[PDB]
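Proteins come first, then strands; the chains are lettered A, B, ... in the order of their sequence lines, and each starts at number 1. In what follows, a modified residue is given as the parent amino acid, or as X, and its added atoms are left uncounted in contacts.
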Protein chains: 2
Amino acid sequence: XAXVXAXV
Amino acid sequence: XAXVXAXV
DNA sequence: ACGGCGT
DNA sequence: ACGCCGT
Ligand SMILES: *C(=O)c1cnc2ccccc2n1
Ligand SMILES: *C(=O)c1cnc2ccccc2n1
Ligand SMILES: *C(=O)c1cnc2ccccc2n1
Ligand SMILES: *C(=O)c1cnc2ccccc2n1
Ligand SMILES: [Mn+2]
Ligand SMILES: [Mn+2]
Ligand SMILES: [Mn+2]
C-alpha cells in the first residue's frame, strides 16, 4: 500500500 | 470486495 | 471469499 | 526508505 519505489 | 493486493 | 512491491 | 481493504 505505501508508494515510497513501487506503490501497490 | 476492495482491490488494494487481491481484488475479490 | 483475499493477496501483492519496486525505484 | 514502506504500508494498506471492502463488497
Ligand atoms: C502496502 O501497504 C503493502 C504492504 N505489504 C506488501 C507486501 C508485499 C508486497 C506489497 C505490499 N504492499
Ligand atoms: C521501492 O522501490 C522500494 C524498494 N525497497 C524498499 C525497501 C524499504 C522501504 C521502501 C522500499 N521501496
Ligand atoms: C470485500 O469486500 C471483502 C471483505 N472481506 C473479505 C474477507 C475474506 C476474503 C475476502 C474478503 N473480501
Ligand atoms: C493485497 O495483497 C493485500 C494484502 N494484505 C492486505 C492487508 C491489509 C489491507 C490490504 C491488504 N492488501
Ligand atoms: Mn493474507
Ligand atoms: Mn524488492
Ligand atoms: Mn473488513
Indicate which of ristocetin, echinomycin, insulin lispro, bremelanotide, octreotide is present at chain A.
echinomycin
Return the other chains, by letter, having a non-hydrogen atom closer than 4.5 Å to echinomycin (chain A).
B, C, D
Chain B - name in entry
Echinomycin
I keep forgetting - what name does the entry give chain A?
Echinomycin
